[PDB]
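We're numbering straight along the sequence, starting at 1. Quick note: numbers below take in every heavy atom, side chains included, and nothing from hydrogens, waters or symmetry partners. As the structure lists them, so they are numbered: ligands from 1, and atoms in each ligand from 1.
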Amino acid sequence: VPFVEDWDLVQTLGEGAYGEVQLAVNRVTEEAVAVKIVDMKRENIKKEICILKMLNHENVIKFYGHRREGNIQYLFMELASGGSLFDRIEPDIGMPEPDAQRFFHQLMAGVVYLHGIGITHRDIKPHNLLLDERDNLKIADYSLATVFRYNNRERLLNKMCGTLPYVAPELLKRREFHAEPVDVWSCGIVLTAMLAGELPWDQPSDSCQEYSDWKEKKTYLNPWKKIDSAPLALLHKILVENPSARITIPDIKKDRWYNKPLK
Ligand SMILES: CNc1nc(Nc2cn(C(C)(C)C#N)nc2C)ncc1C(F)(F)F
Ligand SMILES: [Cl-]
Ligand SMILES: [Cl-]
C-alpha cells in the first residue's frame, strides 16, 4: 500500500491522463480524503491548483492542499464517499424525477457559484458530478477549468475541450464563444441523462442525424419520449443551438418544472 506522509493510498477512484485519484486514509486520525497524484514527468497544474484554492461552496469539491515530492504532485480534496452521479443513472431508465430535480438544483447552485467567481468548468458530465454521504452533489475535476471573467471583464474562449456528447454546438462551429452558455448546455445533457438514462447524440453537429431530429422537434423519438412534458419544456429552452437565444441560469430558476414540487 503506497503512502504520503501520514496517509495510506488505499483504493483507486479514477485514472485518466492526469495520473490517478486515490482514497487516502490517515493512519493516526482515520480521516478519509481523495488525493489526485500527477507524475509531472509524464503550467496546467499551476493553474488547476490556483483555481482549486478559489473554491469554497457546498456543491463544489473542496481543496485541502498539495505536496510536490520530486516529479509527483499530491492534490488533497474532500472525498465524496457516495461516488458519482454516473452510477445512479440506470441505463435506458434514468432515475426518479424527484432525485433528478434535486441533483439539477444542486448542479445549478454549483455552476452559479463557479460562474460568479469567473470560472468555467468546461467538462460537466455525470463522471464529474460526485455525491457526499448525504447524496449532496459536488462538481469535481478542475483540470479543464479556466477564467472567463477577470476584473469584471469577460473573455471569450477559443480552446475546444470537454466531452463530445456534452459539448455545445457553438464550440464546434465558432472561432470564439461565451463560456457560460456552454456550461448551461452540458447541464441540459446531464438532465437528459438523469431522466432518460441515454445521451441524445454523439455530438451536436448536423452531420449527426439525432441532433437534426431534435432541431426538427421530433420528440416522439428516444430519449425525449421517456421524459415528461414539464422537464422536456425546460430541455427545449436549454438545448437551443443559438447560444444568445439559450436560457440563462436566472431564467432556468423561473422554469415551471424547476419550481414543481416532487416526491
Ligand atoms: C474521482 N475523484 C474523486 N472521487 C471521490 N469519491 C469517489 C469516486 N468514486 C468513483 C465511483 C468514481 C470510483 N471509483 N467513488 C468514490 C467514493 N471523491 C473525490 C474525488 C475528487 F476530489 F478527486 F474529485
Ligand atoms: Cl451505457
Ligand atoms: Cl448515461
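Out of ENMD-2076, S-propranolol, DNL201, R-levocetirizine, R1487, what sits at ligand 1 is DNL201. The chief contact partner of DNL201 in this model is named by the PDB entry as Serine/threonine-protein kinase Chk1. Residues in other chains coming within 4.0 Å of DNL201 by heavy atoms are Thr12, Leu13, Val21, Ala34, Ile61, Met77, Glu78, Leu79, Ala80, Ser81, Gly83, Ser84, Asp87, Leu130, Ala140. The ligand atoms of DNL201 that sit less than 4.0 angstrom from a heavy atom of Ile61 are 22 (F). Which parts of DNL201 touch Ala140 is read off a 4.0 Å heavy-atom cut-off, strictly below it: atoms 24 (F). Each of the following atoms of DNL201 lies closer than 4.0 Å to a heavy atom of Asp87: 11 (C).
Numbered from 1 in the order shown, with element, the atoms of DNL201 that lie under 4.0 Å from a heavy atom of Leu130 read 2 (N), 3 (C), 4 (N), 5 (C), 18 (N), 19 (C), 20 (C), 24 (F).
Proximity to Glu78 (heavy-atom distance under 4.0 Å) selects the following atoms of DNL201: 19 (C), 22 (F). Interface of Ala80 with DNL201, defined as ligand atoms under 4.0 Å from a residue heavy atom, comprises 5 (C), 6 (N), 7 (C), 16 (C), 17 (C), 18 (N), 19 (C).
Looking at the model, one finds no covalent bond between DNL201 and a chain. Considering backbone and side-chain N/O of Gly14, none are found under 3.5 Å from N/O of DNL201.
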